[PDB]
Student: 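Structure with glenzocimab, see below.
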Amino acid sequence: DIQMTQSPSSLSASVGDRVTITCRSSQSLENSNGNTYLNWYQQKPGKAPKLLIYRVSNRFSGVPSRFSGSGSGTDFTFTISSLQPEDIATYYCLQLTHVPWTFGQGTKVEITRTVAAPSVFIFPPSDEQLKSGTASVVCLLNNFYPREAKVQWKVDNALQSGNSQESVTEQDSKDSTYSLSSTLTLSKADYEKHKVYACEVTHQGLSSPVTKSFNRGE
Amino acid sequence: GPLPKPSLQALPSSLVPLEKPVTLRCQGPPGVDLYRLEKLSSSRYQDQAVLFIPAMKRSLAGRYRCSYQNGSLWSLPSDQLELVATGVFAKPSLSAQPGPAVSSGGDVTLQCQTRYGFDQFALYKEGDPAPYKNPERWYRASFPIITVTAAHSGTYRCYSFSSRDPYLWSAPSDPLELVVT
Amino acid sequence: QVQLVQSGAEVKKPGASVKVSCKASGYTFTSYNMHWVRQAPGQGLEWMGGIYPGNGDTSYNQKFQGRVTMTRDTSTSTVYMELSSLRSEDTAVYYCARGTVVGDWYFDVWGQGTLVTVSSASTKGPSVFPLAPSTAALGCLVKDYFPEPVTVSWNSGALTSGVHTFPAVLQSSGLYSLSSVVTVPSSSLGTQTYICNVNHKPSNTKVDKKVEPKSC
Ligand SMILES: [Cl-]
Ligand SMILES: [Cl-]
């Protein structure tokens, strides 16, 4: 089979930058009739891929002029002449020249923007959940940049570890920020044994860590 | 809710040479009270299921839709019918690369070309339900068939037209007999 | 209105099969071949094969030869893909994508995708808990469900701005959990009702949870 090697595997660039992605085929994409079928797709998070370029350099209908493609033989390039915030996506090359048709492993494109501190919120468990013997304490870090952030859970000032899970959103297509959720899970018995529940957030945008807290039963 | 859509079909074809006849027929369930057929570029409509055009004219080309009413309820409109007037301009050329006689499994590229001023092409294979349009915007366009099979064999004709009047097409090219073995 | 509409998410045991449908509308059905492309979670795209609706001719990727069957029903403009002898490696979102019979601008229209999870774990609907507003923030915790996916809307789709529905995390229990949050003005907490609408189709669970400020 033809193997398509895409580079880089990921990149971050500022709004307006020129982005160049390469796709190299393991063998020639010029077929015995002198033709090459190579297309480029853009896949935004949670969505199906979208056709941008076909036949190496032809923009498909309605595709903005900032998107272009070029190349021949085994070396192909896809370019975004001026990166826009809404262009955040994984881009893929596809060769339709030799069966089986094969895609490059994708290039994930992200935006570099100014630092934005997270707005932080703490949520105690609901009484409804407590009725079932489990307590989930949620900490939300909203609309921040860069993605790196540290959440430290404290229960009566004791540092917690091994009892929390984090989840992070994909970069926003409009403001280029991320949001993160950290859930601390405890039994109802462990939860009822302590008073102060704190979420401490460290981030580049915060000159001092931000702690959000509550006292159980207040 | 709305009644289910009727069909809207053109016979003998939706690609009608200038001065040749065509019938547009709206078909809903038998016995419906009223039909309404409308051309999308017109500000008026007709309250009949059938539109007979004795002689195709440029002014009649365009998109059409139809609906029916039964017991006060209107149906959903039919799928759009694109009625094309052909023979409006000089025919384009049509050729095949590497040629019109080709082996199954490889590719074949059907190519069309006209003078500058026309930016679109459509290919029609005799017996097919519809022509094949092309996203290319240029005085010549390629229609590659990535993997040809015996099923692609047939008689093809190419048409050229402009984005300015997408329903006014040229006279068809000379036919190309694609033979895939 | 060109559209490719696929059937809903599935969960199947290893060794069993899955059959996904792809209903096409808004175009001449036999003018486009229909292909299937899959994507394992967090991974790339993989081409499975395709079918020509005109006569049912197929051409599959040799990696699936003997285990994939593509068929079509011309009368309803529907294409089916059946994959048999499923294993963990077949857990993926499966997409249908049209490819012009004449032309090379392939996969210009795709279906919305169908997640197929291969697992012997039992299906379980989630419990929905409020994350009460203490710019304010509120949300819903969608806990202990299997398999993915779950949909979360706010105020029946009327509220979308400021909503973040987080990717689910697999807990040590083998069940998923996620939160969906919204930032809103503190000034309208006394008047605006907030309800999260949770739907977990694999277990036929539909839950509407009102999220209120906790009364002191
Ligand atoms: Cl008739
Ligand atoms: Cl019109």
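Chain letters: A, B, ..., in sequence-line order. Chain A uses the PDB entry numbers throughout; the residues present, in order, are 1-218. Throughout, chain B uses the PDB entry numbering, with the displayed residues spanning 3-183 in order. Here chain C follows the PDB entry for its numbers: 1-134, 143-224, in order, are the residues you see. Recorded method is X-ray crystallography, 1.9 Å.
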Student: Locate glenzocimab in the structure and include all copies.
Tutor: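 It maps to chains A and C.
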Student: Which chain accounts for the largest share of heavy-atom contacts with glenzocimab, under its name in the PDB entry?
Tutor: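 Most contacts go to Platelet glycoprotein VI.
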Student: Name the residues of chain B in heavy-atom contact with glenzocimab below 4.5 Å.
Tutor: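 On chain B, heavy atoms under 4.5 Å give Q99(B), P100(B), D109(B), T111(B), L125(B), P131(B), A132(B), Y134(B), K135(B), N136(B), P137(B), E138(B), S144(B), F145(B), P146(B), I147(B), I148(B), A153(B), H154(B).
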Student: Please list, by chain and number, the residues of glenzocimab that lie under 4.5 Å from chain B by heavy atoms.
Tutor: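 Residues with heavy atoms in range are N31(A), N33(A), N35(A), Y37(A), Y54(A), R55(A), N58(A), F60(A), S61(A), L96(A), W101(A), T28(C), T30(C), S31(C), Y52(C), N55(C), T100(C), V101(C), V102(C), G103(C), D104(C), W105(C), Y106(C).
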Student: Just wondering, where does chain B come from, per the PDB?
Tutor: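 Per the entry, it comes from Homo sapiens.
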Student: Which UniProt-defined domain of chain B has the greatest number of residues in contact with glenzocimab?
Tutor: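 Chiefly UniProt domain Ig-like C2-type 2.
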Student: If you read the entry, what name would you find for chain C?
Tutor: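 The entry calls it Fab heavy chain.
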